[PDB]
Colleague: 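Looking at a complex of amprenavir and Protease here.
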Protein chains: 2
Amino acid sequence: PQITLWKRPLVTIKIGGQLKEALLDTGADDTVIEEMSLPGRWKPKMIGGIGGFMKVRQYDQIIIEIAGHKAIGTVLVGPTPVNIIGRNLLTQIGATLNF
Amino acid sequence: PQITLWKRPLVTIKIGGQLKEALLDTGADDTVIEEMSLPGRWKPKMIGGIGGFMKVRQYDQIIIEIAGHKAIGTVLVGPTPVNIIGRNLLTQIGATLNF
Ligand SMILES: CC(C)CN(C[C@@H](O)[C@H](Cc1ccccc1)NC(=O)O[C@H]1CCOC1)S(=O)(=O)c1ccc(N)cc1
Ligand SMILES: [Cl-]
Ligand SMILES: [Cl-]
Ligand SMILES: [Cl-]
Ligand code: NA
């Protein structure tokens with residue numbers, strides 16, 4: 001698709017068999033999901049945003065579908081205000097910004 | 001242009017006579033610039049994201065040139081570590097996210 005930006009660019013994602021809403025965020029280096037169960041071991045990571053830094057759980061090689069496009073990569077889990085799809089997975093679904 | 005997302009999507013902007021580097025950010029509702037003076041009236045606002053909230057000054061009807069494209073709208077000013085062009089101005093330059 002071609003998504004305009006008059007409203008938030010919200011899409012459906014599928015992760016761990018569950019459907020969730022997430023924001024396509026070109027200003028986010030990384031993908032961050034609200035609290036949920038994911039398989040495997042996690043690693044620590046600190047990420048920075050508008051309010052400061054915060055700690056998250058880093059899970060690697062997680063299968064995730066984004067607006068129907070399949071991705072497999074790193075998902076951060078933590079107390080984010082909205083689910084965020086960042087550049088690490090936007091590149092995998094072939095997303096570009098155009099003007 | 002078409003901008004890929006392997007790297008942060010940074011462009012040059014001109015605001016208040018000043019050249020700055022800014023991130024094209026589909027996850028940001030409004031444009032947020034590092035501390036600088038701007039003309040006219042302002043009112044305070046709180047914006048939220050990763051790490052919590054930041055207090056900003058909201059200036060309306062400000063012109064920015066974004067990669068050569070003029071746009072007018074609200075600009076938030078505060079202690080952001082990165083200048084952010086949000087949806088309110090991305091729409092005006094006809095930016096879309098494509099995949
Ligand atoms: C969290 C989203 C919903 C909203 N933010 C935009 C995001 O693109 C934000 C932009 C940013 C980059 C670097 C440092 C500081 C901020 N990146 C972000 O947090 O990257 C983290 C998440 C994972 O990867 C790393 S915002 O900055 O809070 C914000 C909120 C309101 C307005 N009006 C403007 C900006
Ligand atoms: Cl990844
Ligand atoms: Cl505006
Ligand atoms: Cl349009
Ligand atoms: Na004004």
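Throughout, protein chains are lettered first and strands after them, A, B, ... in sequence-line order, and every chain is numbered starting at 1. Atoms within a ligand are numbered from 1 in the order they appear, just like the ligands themselves.
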Colleague: So, amprenavir - where exactly in the structure, counting duplicates?
Modeller: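 Every copy of it sits at ligand 1.
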Colleague: List the other chains with a heavy atom under 4.0 Å from amprenavir.
Modeller: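 Within the heavy-atom cut-off of 4.0 Å: A, B.
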Colleague: Heavy atoms under 4.0 Å from amprenavir: which residues of other chains qualify?
Modeller: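 Heavy atoms within 4.0 Å: A:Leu23, A:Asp25, A:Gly27, A:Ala28, A:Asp29, A:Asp30, A:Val32, A:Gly48, A:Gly49, A:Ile50, A:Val82, A:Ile84, B:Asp25, B:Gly27, B:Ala28, B:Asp29, B:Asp30, B:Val32, B:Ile47, B:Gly48, B:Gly49, B:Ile50, B:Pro81, B:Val82, B:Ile84.
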Colleague: Looking only at distances, please establish whether an N/O atom of amprenavir is found under 3.5 Å from an N/O atom of A:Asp25.
Modeller: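 The answer is yes, given that A:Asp25 and amprenavir share an N or O pair closer than 3.5 Å.
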Colleague: Give the source organism of chain A as listed in the PDB entry.
Modeller: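 The entry gives Human immunodeficiency virus 1.
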Colleague: What is the closest protein heavy atom to atom 31 (C) of amprenavir, and at what distance does it sit?
Modeller: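 Residue, atom and distance for the closest contact: B:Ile47 CB, 3.9 Å.
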Colleague: Any N or O on A:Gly27 sitting closer than 3.5 Å to an N or O of amprenavir?
Modeller: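 Looking only at distances, the answer is yes, because the N/O contact criterion of under 3.5 Å is met.
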Colleague: Give the numbers and elements of all amprenavir atoms closer than 4.0 Å to a heavy atom of B:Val82.
Modeller: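 Contacts of amprenavir toward B:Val82, numbered from 1: 12 (C), 13 (C), 14 (C), 15 (C).
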Colleague: Against heavy atoms of A:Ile84, which atoms of amprenavir measure under 4.0 Å?
Modeller: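 The atoms of amprenavir under 4.0 Å from a heavy atom of A:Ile84 are 1 (C).
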Colleague: If you have a sec, work out which protein heavy atom is nearest atom 26 (S) of amprenavir and how many Å separate them, to one decimal?
Modeller: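 I find the closest protein heavy atom is A:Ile50 CB, 3.8 Å.
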Colleague: Looking only at N/O atoms, are A:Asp30 and amprenavir under 3.5 Å apart anywhere?
Modeller: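 Looking only at distances, the answer is yes, because the N/O contact criterion of under 3.5 Å is met.
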Colleague: Considering only non-hydrogen protein atoms, determine which one is nearest to atom 20 (O) of amprenavir and report residue, atom name and distance to 0.1 Å.
Modeller: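 Of every protein heavy atom, A:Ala28 CA, 3.6 Å lies nearest to atom 20 (O) of amprenavir.
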Colleague: For amprenavir, which atoms, with element, lie under 4.0 Å from some heavy atom of B:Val32?
Modeller: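 Result: 34 (C).
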Colleague: Which of the numbered atoms in amprenavir are under 4.0 angstrom from any heavy atom belonging to B:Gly49?
Modeller: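 This gives 28 (O) as the contact atoms.
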Colleague: Output the list of atoms in amprenavir that are nearer than 4.0 Å to some heavy atom of A:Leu23, sorted by atom number.
Modeller: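 Those qualifying, in numeric order: 3 (C).
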Colleague: Considering the heavy atoms of B:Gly48, write down every atom of amprenavir situated less than 4.0 Å from one of them.
Modeller: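 Here the atoms of amprenavir in question are 28 (O), 30 (C).
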